[PDB]
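Opening remarks: the structure here includes dexamethasone.
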Amino acid sequence: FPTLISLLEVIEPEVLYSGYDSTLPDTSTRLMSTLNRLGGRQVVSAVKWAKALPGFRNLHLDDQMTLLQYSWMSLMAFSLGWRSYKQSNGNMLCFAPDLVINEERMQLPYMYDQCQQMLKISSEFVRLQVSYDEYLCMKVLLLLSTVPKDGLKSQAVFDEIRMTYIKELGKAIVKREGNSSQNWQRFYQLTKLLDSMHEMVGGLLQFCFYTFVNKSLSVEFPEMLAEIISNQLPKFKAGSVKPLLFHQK
Amino acid sequence: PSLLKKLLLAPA
Ligand SMILES: C[C@@H]1C[C@H]2[C@@H]3CCC4=CC(=O)C=C[C@]4(C)[C@@]3(F)[C@@H](O)C[C@]2(C)[C@@]1(O)C(=O)CO
């Protein structure tokens, strides 16, 4: 009776408010620090979501930690893309109900380029007219799409979970359309989007890494996010991580 | 223990 997709709908966390203070000088540093504060709280939600995600807690605890540390920015950027798609059709960055960034508020130092990168992710949801259930299944697969080159401790459990949610994405596609005639074409398009997320998020991550390590910029990070980045960053820069791609890339 | 580990270990 209960389907995996119906459970994904039910565990999806509610959207957080930023509590942003509009009376303060609109500056790039203040904005980046406000966004990181929101990001730390969204990462906490995401960890609670992963604990509730069927199958995830069967992984060794060190693998649960690895997957969340490696994929957090993909998860956050994908969900920002979805919110921006549903709330503005990809025209504004809809970070929170009380923090919406339109094109002219983007005209800020360093900010404009990173903001355009985030809009491109939203623009793919518009292009493909992604359904909610396709989005939820894809989001699981982002949690499961970056791993150490040397492998995981519970590799057999991981391979089982990942294959389970690849199957579930297929079920979401069938549920969407009704003419199964495009089901393979749709699966191809969405797995190409998954593969492309590694490149689309890579530039966000490099910028985050720079603002993290370069204390001169005075960008603030909250404690749990700082801990995660401090563990993720050396593995990423050393080339010890690999993306799990569906297609020849 | 990191904050992430504590959260993963917390009942919920
Ligand atoms: C461009 C990068 C990418 C940004 C992240 C993009 C994804 C995201 C979505 C949100 O809804 C909340 C915060 C985050 C998680 C984010 F917006 C902030 O953390 C700020 C961030 C790291 C960044 O702006 C910085 O590196 C500023 O330090």
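Naming: A, B, ... by sequence-line order, numbering from 1 per chain. As the structure lists them, so they are numbered: ligands from 1, and atoms in each ligand from 1. Atom set for the values below is all heavy atoms of this structure, side chains included, hydrogens, waters and symmetry mates excluded.
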Specify the chief binding partner of dexamethasone in this model, using its name in the PDB entry.
glucocorticoid receptor
Name the other chains in heavy-atom contact with dexamethasone below 4.0 Å.
A
Which residues does the binding site of dexamethasone contain at 4.0 Å, with heavy atoms considered?
A:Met32, A:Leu35, A:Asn36, A:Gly39, A:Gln42, A:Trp72, A:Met73, A:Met76, A:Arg83, A:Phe95, A:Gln114, A:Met118, A:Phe207, A:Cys208, A:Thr211, A:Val219, A:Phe221
Any idea which atoms of dexamethasone are less than 4.0 Å away from a heavy-atom of A:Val219?
28 (O)
Just to confirm my output: which protein heavy-atom neighbour is closest to atom 1 (C) of dexamethasone, and how far is it?
A:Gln114 CB, 3.5 Å
Nearest non-hydrogen protein atom, atom 26 (O) of dexamethasone
A:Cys208 CA, 3.1 Å
Please list the nearest protein heavy atom to atom 17 (F) of dexamethasone with its residue and the distance rounded to 0.1 Å.
A:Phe95 CE2, 3.5 Å
Which of the numbered atoms in dexamethasone are below 4.0 angstrom from a heavy atom of A:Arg83?
11 (O)
Identity and separation of the nearest protein heavy atom to atom 12 (C) of dexamethasone
A:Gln42 OE1, 3.1 Å
Students should be able to answer this: which protein heavy-atom is nearest to atom 8 (C) of dexamethasone, and at what distance?
A:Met76 CB, 3.9 Å
Per the deposit, which organism is listed for chain A?
Homo sapiens
Dexamethasone to A:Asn36 polar contact by distance, N or O atoms, under 3.5 Å:
yes
Nearest-neighbour protein heavy atom for atom 3 (C) of dexamethasone, which is reported as residue plus atom name and distance:
A:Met73 CE, 4.0 Å
Which residue and atom name correspond to the protein heavy atom nearest atom 25 (C) of dexamethasone, and how close is it?
A:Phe207 CD2, 3.8 Å
Which protein heavy atom lies closest to atom 28 (O) of dexamethasone, and at what distance to 0.1 Å?
A:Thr211 OG1, 3.0 Å
